[PDB]
Structure formats: structure tokens, C-alpha cells
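Drug on board: IRL-1620.
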Amino acid sequence: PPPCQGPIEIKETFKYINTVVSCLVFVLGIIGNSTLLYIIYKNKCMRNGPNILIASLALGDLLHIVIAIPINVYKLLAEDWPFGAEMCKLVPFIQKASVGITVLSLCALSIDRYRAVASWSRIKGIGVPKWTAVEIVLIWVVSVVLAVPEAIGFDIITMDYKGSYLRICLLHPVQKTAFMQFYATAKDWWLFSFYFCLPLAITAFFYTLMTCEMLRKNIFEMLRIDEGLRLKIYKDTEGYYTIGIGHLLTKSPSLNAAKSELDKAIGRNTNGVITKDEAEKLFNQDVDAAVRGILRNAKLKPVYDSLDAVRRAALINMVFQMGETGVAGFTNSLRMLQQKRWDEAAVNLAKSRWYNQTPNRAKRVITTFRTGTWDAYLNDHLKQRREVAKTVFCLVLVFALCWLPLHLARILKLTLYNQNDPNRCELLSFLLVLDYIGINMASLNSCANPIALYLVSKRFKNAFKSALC
Amino acid sequence: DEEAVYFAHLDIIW
Ligand SMILES: CCCCCCCC/C=C\CCCCCCCC(=O)OC[C@H](O)CO
Ligand SMILES: CCCCCCCC/C=C\CCCCCCCC(=O)OC[C@H](O)CO
Ligand SMILES: CCCCCCCC/C=C\CCCCCCCC(=O)OC[C@H](O)CO
């Protein structure tokens with residue numbers, strides 16, 4: 001009710017700069033999303049489950065960029081709504097529909113890639129799964145159903161603002177039904193909770209579970225290269241029957257007794273021969289047993305707790321080769337690892353009999369300590385898992401950054417606007433420029449998805465060059 | 001809240 005020291009306005013200087021920016025986002029978004037959908041359709045090596053979910057993300061962005069920028073550019077320059085009450089209900093409906101398509105396709109992509117880690121065939125993304133089709137139709141149907149309240153609640157207001165005639169397309173303050181009257185109150189929170197907080201929380205959860213399983217496969221490949229994988233029963237250096245990656249079966253001289261120990265451990269009648277997946281499951285149990293002993297060891301626990309995941313694997317590698325006691329004897333090098341003194345620890349470890357007796361394995365483990373990367377064990381499967389993890393990480397990072405300003409501009413309008421203040425009117429003039437910048441940013445997601453795929457996927461980088469040649 | 005409906009007149013559609 002109290003008056004204000006100025007009229008809510010935007011500088012014409014701003015209107016001309018932002019419009020130029022909005023023109024670039026629109027042209028690059030249409031080209032990037034169309035070519036992205038083109039290379040996924042043309043190339044047959046890219047016609048798989050994960051890319052189909054990317055195409056659903058690309059269409060939702062291509063749909064959003066079409067109904068968001070061209071109408072908010074006009075709303076900026078012309079400052080009026082001349083499209084009738086049908087477009088006033090249709091435009092925000094298609095908008096919230098397209099946005100819901102992208103956040104659910106993102107969520108489905110993170111879930112799909114997490115389930116694919118367990119199988120080498122799935123993480124390569126070969127073929128189209130069965131329920132891929134029915135999942136997309138559910139994503140699009142649920143997206144438009146949740147966008148329905150946006151359609152019915154919008155209408156054209158005709159009011160008098162200081163003697164000026166205004167056609168205002170907006171969400172009507174008073175609604176007939178009681179549910180819709182409630183939707184108009186907390187709509188900005190529903191947009192903030194469901195179209196930003198929930199997809200970021202869901203993707204971050206399944207991405208974390210994915211890389212945790214990727215970590216277990218890195219260690220298995222590390223120990224297979226260093227120690228060796230034996231899929232048939234063999235005798236170790238002491239004559240004891242062993243299988244897999246150094247897994248002792250029994251100290252009995254009876255091969256037949258050792259075979260029954262194997263059958264108990266695998267849950268299968270193996271006749272002395274196991275599969276790689278069974279050796280891996282057996283190895284993952286040996287790691288968990290090894291970690292439990294490390295955490296119960298007073299000399300290895302502080303070092304292990306302070307190390308990152310890659311370097312913890314290098315320490316587990318040493319325990320597999322020498323045992324807890326033999327590793328705890330490296331009292332000085334372990335101290336340097338806990339103080340994060342890599343290069344010094346790398347130099348010190350190279351003086352050991354361990355380095356002198358098995359130099360190839362020792363060099364790899366020391367490099368892992370020095371660098372903290374898997375560069376010493378880079379192999380075919382690690383690269384595939386590395387490319388997958390990069391793909392979904394950038395797509396969710398592009399999403400969170402592009403939709404943060406628009407979502408930020410709406411959540412500070414809810415908590416800082418107080419209609420009783422005399423000077424509150426001109427902070428909306430600052431929210432006016434934020435809400436229009438947030439429209440260019442959210443539309444940049446349509447353009448930044450192809451750029452992200454070009455940089456992290458070698459196949460997308462080559463397919464993009466092919467389409468623009 | 002008439003300064004608010006004028007805000008929605010200048011604001012984007014979201
Ligand atoms: C840091 C945030 C903490 C986490 C808070 C947000 C995450 C909520 C997780 C699940 C609820 C939503 C479930 C969506 C559909 C799940 C589909 C599914 O369960 O996938 C099968 C797969 O095998 C499963 O391992
Ligand atoms: C001109 C060509 C490139 C020349 C550039 C050389 C390459 C740098 C590589 C590693 C940095 C080594 C320092 C590691 C930084 C992390 C700090 C650390 O603690 O590691 C050292 C360790 O502490 C010791 O005790
Ligand atoms: C002398 C060197 C001393 C220290 C050397 C450190 C330099 C980092 C080098 C390789 C890290 C390999 C990481 C490659 C990406 C694997 C992780 C991944 O794929 O995750 C997605 C990523 O977050 C997308 O940004």
C-alpha cells in the first residue's frame with residue numbers, strides 16, 4: 001500500500017544488450033539441438049538406450065528454446081500481450097512440459113548409466129533396451145500432466161495502472177477451485193523443489209552409486225594386472241590350492257577337498273573352473289575383508305582414512321601382495337603418505353626390496369601413490385567407464401549452472417519482497433533483469449548440451465564434425 | 001498488490 005520513489009522499469013540500454021544475447025542463444029540452440037538429434041538419427045552406432053534418453057533431453061530443450069526466447073524477447077521489447085487467452089494458457093503449459101521432459105530424461109539417464117556398470121555389454125551402450133520406448137512415453141506423459149495446472153490457471157487481466165490500459169497474461173490471483181487457488185501460492189516452490197532440487201538430488205545420488213561401482217572395477221583391473229587372474233585351481237608358491245586373484249582355498253593337499261571349498265565359496269559346482277565374474281565377486285569380498293583388517297590395524301588405519309579412493313587402492317594392492325604386517329613395516333613411507341608427501345614417498349618406496357624383486361608392479365603402485373590417478377593401469381574397459389562418467393557429469397553440471405540464475409531470481413523474490421516498504425518497488429527493477437537473464441541462461445542449456453557431448457565423447461566429436469562438413 | 005501485477009506485466013513468462 002505505501003507509495004514508491006520510482007516506477008518499476010528497465011533501462012533501454014539493458015533491453016538492447018539482452019536482446020542481442022537472446023538472439024545468439026536462440027540461433028546456437030536451434031542449430032546445436034537439431035544437429036545433435038540429426039547425428040543420433042543418422043549414425044547407427046549412436047542408436048542406443050543412453051543416446052535415446054539424450055535425444056529426449058534434446059527435444060525437450062529444442063521445445064523449450066522455441067516457446068521461451070521468442071516470446072520473452074517480444075515481451076521485453078513490445079511490453080504487451082497481443083495473442084489472446086489461448087496462447088496465454090498454451091505457452092506456459094508447453095514451457096513447463098518441455099522443462100519436465102529434460103529433468104526426467106536427465107534423471108532417467110543417470111539411473112540407466114548406474115545400472116549399466118555391472119555389465120560390460122550395457123556400459124558400451126549397444127542396442128536399445130526393451131522398456132526404453134515405454135519409459136520415454138511415461139516421461140513425456142508425466143511431464144505434460146504436471147504442466148496442466150499451468151494451462152488452466154493462466155488468463156488475461158485487463159487493469160488500470162496509473163491511467164494506462166494493460167493486457168496482462170499472468171496466473172490469475174483468484175481461482176475458482178480450491179486446489180488451483182493453492183497452486184498459485186507455492187508455484188515458485190514447486191518449480192524450485194521439483195524442477196531443480198529433485199533432479200539434482202536424484203542425479204547426484206545415482207551418479208555417486210555409479211562411480212562407486214566403477215571404483216570396484218578399477219581395483220579389480222588393477223589387481224588383475226599386478227597379481228594375475230587364474231580361473232582354474234592352481235598351487236601357489238607354497239603348494240596351497242588357490243583360485244582367482246590370490247584367493248587361498250585350503251591348506252589341504254587334497255585337490256578334491258580344495259574343489260569343495262571352491263564350490264562353497266562360489267555357490268556353484270565349478271569342477272575347478274570359475275568365470276571372470278565369479279573371480280570378481282570373490283575378489284570384491286576379499287577387498288572388503290582386506291579393508292576390515294586395515295581399519296582394525298592401528299598402523300594402517302590412519303594412513304588409509306586420510307588417503308583418497310585411488311591411493312587407498314594402491315595401499316590395498318600392497319596388502320594383497322605382502323599382507324598387513326609387511327605393509328606396516330614401511331613405517332616412514334606410510335607417514336609420508338598420510339602427510340600427503342607423494343613424491344618423497346614415491347622416492348622412498350623405490351629403495352625397497354619390494355621394488356627390487358617385483359619392479360614392474362612396484363612402479364605401477366608407486367605411480368598411483370605419486371599421481372593419485374589410474375594412469376598406470378589405463379586399459380580398454382576403464383576408458384569406457386571413464387567416458388560414461390564424464391558424459392553424465394557434464395550434462396547435470398550444465399543443467400545446474402544454466403537453471404541456477406532463473407531459479408535463484410525466483411527464490412529471492414519470495415523471501416525479500418515486502419509490499420509494505422516504500423523502496424521495495426525498485427528492487428523488482430533488479431529482479432526484472434535477473435528474470436530475463438535467467439531466461440537466456442536456462443535456454444543456454446539447449447546449446448551447452450551438444451558442446452558438452454562434443455568435448456567428452458570422442459564419437460560425438462567425430463559425428464558432430466561429420467554433420468558440419 | 002497492484003505494483004506486483006505491473007511487475008508480472010514487465011516480467012518474463014515463468
Ligand atoms: C544427495 C541426495 C540424497 C538422495 C535424495 C534423492 C534421491 C532419491 C532416490 C530415490 C527416490 C527416487 C526414485 C526414482 C526412481 C527409482 C528407479 C529405480 O529404483 O531404479 C532401479 C535400480 O535398480 C535401483 O538400484
Ligand atoms: C615443463 C614441463 C612440466 C614441468 C612441471 C613438472 C610436472 C609437475 C608434476 C608433479 C608436481 C609435483 C609436486 C606435487 C604437487 C602436490 C604436492 C605434494 O604434496 O606432492 C609432492 C610430495 O609432497 C613430495 O613429498
Ligand atoms: C604428476 C601428476 C601428479 C598428479 C596428477 C593429477 C592430474 C590429473 C590427471 C589425470 C586424472 C584423470 C581423471 C580423468 C577423468 C576420470 C574421472 C571421470 O571420468 O569423472 C568425470 C569428471 O569429473 C569430468 O570432469
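Chain naming here is simple, since letters A, B, ... match the order of the sequence lines and numbering starts at 1 in each. Method of determination (from the header): X-ray crystallography, 2.7 Å.
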Got a sec? Need all the ligands or chains for IRL-1620. chain B
What macromolecule, as named in UniProt, provides the greatest number of contacts to IRL-1620 (chain B) in this entry? Endothelin receptor type B
IRL-1620 (chain B): binding-site residues, heavy-atom cut-off 4.5 Å: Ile8(A), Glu9(A), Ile71(A), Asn72(A), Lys75(A), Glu79(A), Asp80(A), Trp81(A), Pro92(A), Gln95(A), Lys96(A), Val99(A), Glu150(A), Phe154(A), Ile157(A), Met159(A), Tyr161(A), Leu166(A), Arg167(A), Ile168(A), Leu170(A), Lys187(A), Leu191(A), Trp403(A), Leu406(A), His407(A), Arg410(A), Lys413(A), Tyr417(A), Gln419(A), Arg424(A), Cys425(A), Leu428(A), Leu431(A), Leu432(A), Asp435(A), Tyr436(A), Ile439(A)
Extract the residues of IRL-1620 (chain B) at the interface with chain A, defined by heavy atoms under 4.5 Å. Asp1(B), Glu2(B), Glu3(B), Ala4(B), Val5(B), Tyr6(B), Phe7(B), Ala8(B), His9(B), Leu10(B), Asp11(B), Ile12(B), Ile13(B), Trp14(B)
Chain A UniProt TM segments, heavy atom under 4.5 Å from IRL-1620 (chain B): 2, 3, 4, 5, 6, 7
